[PDB]
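Note: structure shows telmisartan engaged with Peroxisome proliferator-activated receptor gamma.
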Amino acid sequence: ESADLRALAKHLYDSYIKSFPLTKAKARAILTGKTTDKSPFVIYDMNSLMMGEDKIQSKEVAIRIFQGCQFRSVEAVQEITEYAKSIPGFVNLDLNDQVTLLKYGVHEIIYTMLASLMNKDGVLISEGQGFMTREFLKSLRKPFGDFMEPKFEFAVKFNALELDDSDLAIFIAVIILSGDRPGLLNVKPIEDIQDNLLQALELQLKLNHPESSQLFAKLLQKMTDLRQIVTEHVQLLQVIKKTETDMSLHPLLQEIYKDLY
Amino acid sequence: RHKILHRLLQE
Ligand SMILES: CCCc1nc2c(C)cc(-c3nc4ccccc4n3C)cc2n1Cc1ccc(-c2ccccc2C(=O)O)cc1
């Protein structure tokens with residue numbers, strides 16, 4: 001029934017609130033001027049970056065930023081793994097399939113949720129403590145200065161769909177249970193969970209956005225634009241890995257990127 | 001092999 005699908009939707013929503021401390025609702029409070037705690041410290045050039053590091057050496061700026069992204073990617077994988085484990089039926093899957101789904105899903109989810117922390121002018125960092133302008137990220141020396149630009153461009157169009165947290169929670173579940181990841185051993189029970197999640201998603205969108213026609217369809221088209229961000233991103237990272245003194249890639253991220261599309 | 005991933009999965 002509709003009701004079983006409502007109940008799945010709510011269950012994913014609560015576990016998303018538990019798993020992810022900075023929700024899209026809070027990011028949007030922060031960014032709009034609403035909320036009544038302090039405005040984020042903004043980082044727009046080298047000097048502001050430096051002063052931001054005492055409010056929020058040895059190495060070059062583009063590399064400091066790179067390595068900061070790694071720290072937050074690592075924690076994001078962790079949060080996403082915990083959310084995955086609350087998706088009904090996920091932990092009954094072959095463990096090797098759980099790993100494959102995370103390995104390919106995590107980046108797609110990361111860039112979906114990054115869009116929550118973004119506007120056309122920059123991005124929240126350190127959990128809403130800071131705001132790092134897009135210009136400044138764009139201004140970094142090659143190849144570092146175009147690392148983020150494709151995330152921003154995706155974010156601006158994705159953000160126009162005006163999804164909320166309750167929507168996003170089912171969307172990210174759907175992405176995680178994609179039956180076409182390379183090397184999956186047993187596709188069937190993954191497509192059966194995903195079938196149920198997609199039905200949950202479609203109900204959710206009709207209920208939550210009754211005025212937004214074909215939002216389900218528009219949102220399916222995004223699950224495959226994400227694919228492109230991911231492949232471009234892996235390509236640019238293979239380049240950095242080749243051309244930069246100390247790759248220094250966190251070993252969680254090395255597990256994820258090894259033998260990846 | 002994916003050692004970290006396996007440990008975060010079973011927990
Ligand atoms: C798929 C596994 C996740 C992952 N691994 C990454 C590595 C190794 C580097 C960079 C990166 N971004 C860069 C941007 C510029 C220069 C170098 C950069 N580098 C190396 C980004 C990475 N991401 C996703 C990501 C993307 C963006 C962010 C992010 C980016 C900017 C600000 C905040 C965040 C964030 O999500 O905290 C966070 C996470």
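Chain letters run A, B, ... following the sequence lines, proteins first and then strands; every chain starts at 1. Whatever order the structure lists ligands and atoms in, that order sets their numbers, starting from 1. The figures here come from the full heavy-atom set of this structure, side chains too, leaving out hydrogens, waters and symmetry mates.
Heavy-atom contacts below 4.0 Å between telmisartan and other chains occur for A. The contact set between telmisartan and A/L137, taken as ligand atoms under 4.0 Å from a residue heavy atom, comprises 15 (C). The closest heavy-atom contact to atom 31 (C) of telmisartan, among the options A/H107, A/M148, A/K151, A/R72, comes from A/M148. The region of chain A touching telmisartan is mostly the UniProt domain NR LBD. Contacts with telmisartan closer than 4.0 Å are made by side-chain heavy atoms of A/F147 only, the backbone lying farther away. Here A/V106 has no heavy atoms under 4.0 Å from telmisartan, in either its backbone or its side chain. One option in A/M118, A/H233, A/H250, A/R134 has a heavy atom closer to atom 7 (C) of telmisartan than any other, and that option is A/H233. If you number the atoms of telmisartan from 1 as listed, the ones under 4.0 Å from a heavy atom of A/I125 come out as 32 (C), 33 (C). Across the listed options A/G122, A/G145, A/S73, A/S73 owns the non-hydrogen atom lying nearest to atom 4 (C) of telmisartan. Residue contact check for telmisartan: A/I110 places a non-hydrogen atom closer than 4.0 Å to it. At least one heavy atom of A/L114 sits closer than 4.0 Å to an atom of telmisartan.
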Inventory of protein N or O atoms under 3.5 Å from telmisartan N or O:
from, atom 1, to, atom 2, distance (Å)
telmisartan, 5 (N), A/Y257, OH, 3.1
telmisartan, 23 (N), A/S73, OG, 3.1

